[PDB]
Amino acid sequence: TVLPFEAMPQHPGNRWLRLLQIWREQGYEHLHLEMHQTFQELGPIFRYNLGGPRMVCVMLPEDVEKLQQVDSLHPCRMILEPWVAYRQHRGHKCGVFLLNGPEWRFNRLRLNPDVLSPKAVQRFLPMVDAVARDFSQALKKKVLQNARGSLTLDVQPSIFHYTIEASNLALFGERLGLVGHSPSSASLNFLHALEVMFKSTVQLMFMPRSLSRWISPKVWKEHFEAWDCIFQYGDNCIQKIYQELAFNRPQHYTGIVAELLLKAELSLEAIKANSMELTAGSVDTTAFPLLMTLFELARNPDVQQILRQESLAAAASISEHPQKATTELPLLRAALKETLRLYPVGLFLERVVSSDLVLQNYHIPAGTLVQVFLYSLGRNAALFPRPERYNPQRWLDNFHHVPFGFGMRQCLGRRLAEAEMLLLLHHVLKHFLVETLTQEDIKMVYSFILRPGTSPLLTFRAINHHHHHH
Amino acid sequence: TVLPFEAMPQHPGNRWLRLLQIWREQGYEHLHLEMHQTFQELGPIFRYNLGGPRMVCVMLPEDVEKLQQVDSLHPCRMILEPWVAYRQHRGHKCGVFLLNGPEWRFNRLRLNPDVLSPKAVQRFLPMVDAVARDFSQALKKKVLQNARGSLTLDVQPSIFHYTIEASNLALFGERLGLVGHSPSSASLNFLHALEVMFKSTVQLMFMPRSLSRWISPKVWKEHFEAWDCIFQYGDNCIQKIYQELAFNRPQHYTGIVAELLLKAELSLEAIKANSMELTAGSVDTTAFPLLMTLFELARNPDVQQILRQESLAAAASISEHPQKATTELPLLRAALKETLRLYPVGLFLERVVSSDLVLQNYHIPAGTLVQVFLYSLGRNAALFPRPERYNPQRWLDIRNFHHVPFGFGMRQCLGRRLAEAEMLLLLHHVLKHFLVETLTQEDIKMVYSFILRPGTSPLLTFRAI
Ligand code: HEM
Ligand code: HEM
Ligand SMILES: N#Cc1ccc([C@H]2CCCc3cncn32)cc1
Ligand SMILES: N#Cc1ccc([C@H]2CCCc3cncn32)cc1
């Protein structure tokens with residue numbers, strides 16, 4: 001006795017009122033708070049009167065599980081129009097982020113061994129580790145200059161450059177000295193273009209191209225300029241590795257995009273496509289969780305001390321083999337789960353479902369956009385007693401951690417992001433105390449990704465008073 | 001056995017695509033055509049989705065009849081928000097065109113006697129007649145200066161200036177010097193302001209102020225600025241007459257607005273709002289049909305003769321007694337009806353219906369906005385056999401509800417008789433002196449900017465007979 005779809009509670013909003021609001025305010029920064037309010041009012045599930053087709057909103061781990069079982073051989077998420085529009089506009093391919101069906105599987109099966117797999121991690125992680133080391137050392141050099149052995153800064157810029165750097169090293173095998181040196185104009189341009197892309201994504205996202213073409217011509221013009229810039233940044237990288245490997249096939253490991261070029265299992269343009277997604281994808285999605293993690297430790301000193309204690313003890317064996325940072329810092333790994341529980345950069349998981357299923361005892365038809373809202377999911381008091389508490393212990397005691405998604409589609413950059421975040425935190429922790437007066441909740445803001453709206457003024461205080469030694 | 005509301009056919013599109021359409025287009029110039037191929041395609045009645053509120057579009061006399069039968073004691077047209085908002089902005093009252101309820105009735109009842117009465121019509125018809133005599137007289141001077149004894153021009157300018165001159169005389173007893181001379185900057189400003197006011201109205205009309213406010217704030221600047229020019233024109237007129245009456249009450253007839261001022265049944269403020277409506281309302285609505293009529297006569301020389309023959313035959317007693325023109329030119333009175341059938345100035349009739357009723361075996365809830373759509377109505381080839389035929393004879397036996405281009409009930413156009421007199425009188429004098437021709441045989445594209453209007457001025461030749 002399952003309830004018919006038509007009998008599911010309904011988000012009260014006109015698709016058109018949202019759209020005009022996006023037109024007026026040039027964005028939709030509270031999306032997540034609204035959604036959250038909506039589950040709060042209506043409960044675990046609801047449907048949204050969309051532009052015609054059925055779409056449903058869920059927030060329970062149970063629902064993710066079922067969603068995973070219904071994953072075909074080709075799971076589907078929605079065609080993000082403005083992004084694809086650009087690719088077809090310049091005649092490019094699309095990486096796994098923008099693909100569906102046979103083309104997606106083909107690519108993903110050829111990217112898993114070299115981006116995601118555990119044998120890939122083990123080659124690229126010591127490279128990340130070196131970048132992570134330079135971050136702290138450089139931050140320590142600046143810290144010890146100060147009479148008080150501390151520095152108080154907005155760490156956002158430098159975190160964003162750490163991830164431009166750690167990533168570009170792992171990906172391409174070049175250091176672009178953006179750690180312990182000022183931003184370049186090339187890196188500042190890139191960052192800005194990525195911001196413009198997301199903002200202009202949100203403006204064009206909520207309406208068909210046929211209509212947005214004539215009511216927002218210059219949003220489109222903005223979006224393509226931003227991409228043109230993101231693409232110039234990423235094609236410059238491609239050109240350099242590509243010419244280099246034309247003349248010398250290395251004996252040793254020189255990064256992820258080198259494996260893909262060597263192994264030649266993918267066409268040049270298919271590699272170009274997937275390189276871009278990795279260069280663009282590796283920056284913001286990693287930086288905000290680091291930032292938010294830095295904030296949570298800063299304002300939970302007792303948890304900070306615990307994570308340090310663990311990192312101080314594993315110090316010696318991690319500088320011996322940096323690869324042991326995965327298995328030896330499980331509290332730190334847990335802290336990340338916790339940061340992403342509260343601050344889920346990917347706001348929601350998306351499936352355009354290909355077979356009737358049952359969620360929450362309602363019946364879901366073939367082609368329903370099911371959408372899993374990870375903000376409300378993370379804050380469910382029933383599943384996460386005291387959700388407002390940052391308590392990484394919570395995780396040590398299943399589908400509760402799913403911020404990278406699930407199944408075969410699960411984030412290709414998961415382990416790179418994980419390594420990058422984990423390793424930076426490890427070195428910061430053994431070297432510095434992290435502090436703030438700014439102990440009130442940071443207001444998160446939606447522009448395609450869920451990001452902090454402000455940056456807290458953080459303090460890094462040296463524990464030792466030495467440049468190398470913790 | 002009565003089908004309930006939502007059983008009715010549904011206009012394809014939505015208010016939102018409409019808004020945005022209008023935003024980018026800056027207009028809705030095809031509304032009449034768009035509504036027409038909706039009647040063609042869906043039937044003689046349909047609903048339009050306002051997402052909650054209730055609208056019905058109808059095209060048949062049969063239905064108009066029932067609409068009237070359900071006029072209240074206070075028949076309602078909808079609040080025309082932009083126009084009313086201007087009255088709020090500047091602190092003036094509303095006239096009869098924008099009122100509803102007891103305030104409407106109180107105004108209208110004190111308005112008909114001097115604006116619409118047959119008795120009124122006798123007092124001002126000879127004034128109108130003077131101006132239309134000056135029109136042909138002037139046209140004739142120019143025509144005879146030419147070797148072929150004819151002049152080919154675009155008359156739209158001089159026609160508009162005619163209706164300004166004739167309204168001003170009828171309304172204020174004042175005679176501007178516009179007929180047979182040059183447009184003054186005031187009149188030109190005035191015609192511009194009016195046409196911008198219509199333009200801007202369409203741009204704000206189809207969305208609530210809560211949207212137009214931020215979507216189209218320049219269009220609001222544009223709308224009010226147009227009205228400021230319109231209120232400057234009429235208030236100048238009011239001011240003049242107010243002063244002359246404070247000083248001397250005349251023993252004789254000197255205009256419509258004088259009779260209102262001398263009676264003082266209505267308040268000064270109320271007299272002002274109505275006088276303004278009559279001044280703005282007596283220009284584009286009269287002038288466009290009068291042009292369309294000239295075009296159709298040029299297009300149908302054999303209808304032009306019949307009419308010319310009637311006017312020459314009635315010339316003498318009309319010259320001697322102007323007032324008789326209402327009764328001695330029945331074919332010319334029919335031609336007006338004919339023009340208004342094919343070219344209805346006010347595109348739709350309108351009632352926010354007070355009681356329940358049934359139209360076309362559909363149930364229509366109280367509070368519903370029922371619109372009659374006259375362009376379709378008059379083009380109903382099943383009701384007017386050979387509908388694109390200009391045939392004045394069509395109207396020689398009057399049933400009534402085939403001719404509703406001024407509306408119906410207590411609400412029917414207050415300016416109706418002044419309108420008909422002006423158009424009647426001009427054509428009469430033009431017919432006795434000139435033949436009217438064009439090579440332009442092809443239909444003229446109507447355009448919708450709040451009123452339905454030609455989008456082109458056909459080039460006309462006038463030849464002295
Ligand atoms: C903590 C940071 C990150 C989070 C929270 C995250 C999360 C996600 C999520 C939720 C999805 C959708 C998964 C699904 O539909 O099952 C996804 C897809 C994807 N992400 Fe990430 N990601 C992160 C970092 C990265 C990085 C650094 C990269 C690139 C180096 C990356 C590249 C991708 C790609 C290529 C896809 C498409 C995968 C596919 O469709 O197979 N992500 N990610
Ligand atoms: C060919 C000439 C005209 C046409 C086709 C026309 C059309 C109309 C229509 C269709 C209505 C609506 C009545 C209703 O909804 O029941 C109306 C009302 C009105 N008209 Fe005209 N009109 C014309 C000339 C004029 C003139 C010259 C004036 C000014 C002297 C004028 C002033 C008004 C006013 C004040 C109303 C409001 C009546 C009320 O609600 O009581 N009209 N007209
Ligand atoms: N091209 C491209 C591209 C740019 C940014 C991303 C980021 C931002 C969107 C959500 C997400 C999950 N994993 C990575 N990402 C992903 C792809
Ligand atoms: N104020 C004013 C005002 C200005 C123009 C008009 C015109 C044009 C709109 C429909 C109509 C019916 N009778 C006259 N009119 C009516 C009122």
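Letters A, B, ... are given to chains in the order of the sequence lines, protein chains preceding strands, and every chain is numbered from 1. Below, each value reflects all heavy atoms present in this structure, side chains not excepted, and no hydrogens, waters or symmetry copies. Readers should note that the entry appears only in part, and the reported contacts come from within that part. Remember, it's 1-based here, ligands and their atoms both numbered in the order they're listed. So how was this one determined? The header says X-ray crystallography, 2.7 Å.
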Legend entry - Main partner chain, ligand 4, name from the PDB entry: Cytochrome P450 11B2, mitochondrial
Inset, instruction - State which drug is located at ligand 4. - result: fadrozole
Inset, instruction - Using a heavy-atom cut-off of 4.0 Å, enumerate the other chains touching fadrozole (ligand 4). - result: B
Legend entry - Other-chain residues near fadrozole (ligand 4) (heavy atom, 4.0 Å): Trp83(B), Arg87(B), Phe97(B), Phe198(B), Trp227(B), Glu277(B), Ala280(B), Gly281(B), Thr285(B), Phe450(B), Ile451(B)
Inset, instruction - Write out the heme-binding residues UniProt gives for chain B that lie under 4.0 Å from fadrozole (ligand 4) by heavy-atom distance. - result: none
